[PDB]
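Next up: a structure with pelitinib.
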There are 2 protein chains.
Amino acid sequence: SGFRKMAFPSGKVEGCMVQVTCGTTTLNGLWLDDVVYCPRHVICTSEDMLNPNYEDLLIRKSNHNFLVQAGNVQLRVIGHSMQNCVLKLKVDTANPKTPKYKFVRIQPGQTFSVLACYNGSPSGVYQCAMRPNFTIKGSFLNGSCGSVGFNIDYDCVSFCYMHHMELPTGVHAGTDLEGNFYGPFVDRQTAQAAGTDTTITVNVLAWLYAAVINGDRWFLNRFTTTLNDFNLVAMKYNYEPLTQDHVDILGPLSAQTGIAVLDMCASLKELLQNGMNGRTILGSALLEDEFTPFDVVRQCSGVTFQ
Amino acid sequence: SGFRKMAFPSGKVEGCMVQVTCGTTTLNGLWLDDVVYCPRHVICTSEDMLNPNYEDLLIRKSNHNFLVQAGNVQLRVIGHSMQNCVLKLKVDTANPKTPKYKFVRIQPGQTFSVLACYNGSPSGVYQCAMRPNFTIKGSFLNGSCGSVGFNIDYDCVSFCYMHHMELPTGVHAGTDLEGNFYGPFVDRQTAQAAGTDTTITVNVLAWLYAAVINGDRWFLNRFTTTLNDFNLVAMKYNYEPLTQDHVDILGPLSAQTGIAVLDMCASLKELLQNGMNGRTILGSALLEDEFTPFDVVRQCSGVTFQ
Ligand SMILES: CCOc1cc2ncc(C#N)c(Nc3ccc(F)c(Cl)c3)c2cc1NC(=O)/C=C/CN(C)C
Ligand SMILES: CCOc1cc2ncc(C#N)c(Nc3ccc(F)c(Cl)c3)c2cc1NC(=O)/C=C/CN(C)C
């Protein structure tokens, strides 16, 4: 019993974190096999970041300008290239701690764990979601760039996020491990604003199922609804529209609890229209949207990794 | 920017987790040097747990009855003893992944990270606090016993919690690594109820400082208070009394923000008396009490480990 915001164990990723310094800038890199991946803005001054021409800035850099350090030991850089917004630094030694891994570009609404690092050293681990506006709500200070987000399934680490930028409003933007930004964001210090922070409806429903499983059941009611009715309410409250695909994904939680998805939708509708009247659900006074259906099943079932 | 419920990186602890099976019961153990620590109730049936005589049950167990497996490899048990509510299984091989470590008995109000495990395999990591009533609000299923809680400072892992029991109300009880339960709880399946879940006042104040640092400042007001005045309010709302020791511990956050501790207390007083009027602080609609002053400084400053 109990339901917590839970991250994946981070050891497999800790063993891949290195420090990358180019001139005056230090950030973190990800060492997998004989390649270190890091944000291309390692090559910029803070002057450069207003309007950088990365191809021109890179011309002045050679292999020996990229100082890569794994713990106390220096790595020898034997090549470098730019791929979208990341650099790939080829080193002469394969990381002996390289786990089984994949690079995945996640969809908005999916969750992942972040290992926040500074100077190639781990500071902490927490759970995030790719928001519908393609930002994440992380915890990142100067020097955290190149920290990564990931999921684990049994023994395989799927890396999905590398941290690049903080917007003036305090939320975060980054790339996949191919160096393509999520959303419209760019690696320049400019006027870029986030769009509407829409709530991830299917995740809220999953968390209501988690609540029922764990004995929080005061919000269950005598009502049902339809997809189209419920979506009229979702729209008013800036929730994502619920689709039949979402209903299908909630099938397993519906079967476990015996609560039809549309009945749970009717509970959510009343919560949106009436609020929580000073009560809590799983220790929260708001409707939580950063647990996916798979996260709920996983945590409620004890799935393990390594 | 950003403030998240953040756990310590878990790799140092992942490398210590093993599976322990005694007869029909499997749970997790902690392998440090040549000793495996686990809950003594590994020796019980579910029959036995209503009224177990552990000394008598242990008489029927020999070294070869404790099956200890680290990943895919079996460990040879060369001795065993009971210390309070834990067993210490001496094995013939020191754990090559043993980190620098200490055993610490934490005080109520202090926080720690939990690595939830099943069958000796890590499932996830999350952050907890020792509540004033000596329970923790974790996420633990059958098979998670022997999972541990810990803090890290640079390279040293301070283990403070081993999981033993779930109370009928869904909260959790366990021991330190010497096998002494936190609070009055016992390792029998009996009528034991938790006392009042008091809110950790100094932690709420720390989190309000974290909020100010991160730009959430709507709750600041024109008022101040005194320790004795504020505590009249703390008492009504089942908050721990604030002491001068707590004020002193908040000194560094007071200095960073320029907000006197007692002025912040006056903000908290208004929040307790008026509620949050539908607003949020650091993404929460309630007053968060599981960040310590040290947690706030650490997360806001980027401290690292390994
Ligand atoms: C930790 C001990 O093992 C389990 C404990 C559980 N405790 C509670 C609930 C609940 N409720 C579980 N299952 C569950 C079901 C369906 C749901 F939708 C939800 Cl949320 C939860 C549990 C599942 C566990 N383990 C498995 O399911 C293992 C299966 C593996 N096979 C493919 C071979
Ligand atoms: C990640 C890059 O490094 C830092 C970034 C910071 N960003 C914001 C704030 C803020 N605000 C910080 N400090 C801080 C101060 C006092 C407070 F009370 C709070 Cl909460 C936060 C920061 C501290 C950092 N690093 C250090 O403090 C290192 C010192 C080590 N020496 C002993 C040698």
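Order of the sequence lines sets the chain letters (A, B, ...), proteins ahead of strands, with each chain counted from 1. Per the header: X-ray crystallography, 1.4 Å. Note that ligands are numbered from 1 as they come in the structure, with each ligand's atoms numbered from 1 the same way. Computed from heavy atoms alone, side chains included, the values below leave out hydrogens, waters and symmetry copies.
Contacts with pelitinib (ligand 1) are greatest for the chain named in UniProt as 3C-like proteinase nsp5.
By chain letter, those with a heavy atom nearer than 4.0 Å to pelitinib (ligand 1) are A, B. With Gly143(B), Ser301(A), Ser144(B) as candidates, the residue nearest to atom 4 (C) of pelitinib (ligand 1) on a non-hydrogen basis is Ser301(A). In chain A, most residues contacting pelitinib (ligand 1) belong to UniProt domain Peptidase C30.
Note that atom 10 (C) of pelitinib (ligand 1) has protein non-hydrogen atoms nearby, at separations under 4.0 angstrom. Within the listing of pelitinib (ligand 1), atoms 18 (F), 20 (Cl) sit less than 4.0 angstrom from a heavy atom of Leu253(A). Of all the atoms in pelitinib (ligand 1), the ones that sit under 4.0 Å from a non-hydrogen atom of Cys300(A) are 6 (C), 7 (N), 8 (C), 9 (C), 10 (C), 12 (C), 13 (N), 19 (C), 20 (Cl), 21 (C), 22 (C). Proximity of atom 6 (C) of pelitinib (ligand 1) to the protein is indicated by at least one non-hydrogen atom lying closer than 4.0 angstrom.
The atoms of pelitinib (ligand 1) that sit less than 4.0 Å from any heavy atom of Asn142(B) are 1 (C), 2 (C). The ligand atoms of pelitinib (ligand 1) that sit less than 4.0 angstrom from a heavy atom of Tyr118(B) are 1 (C).
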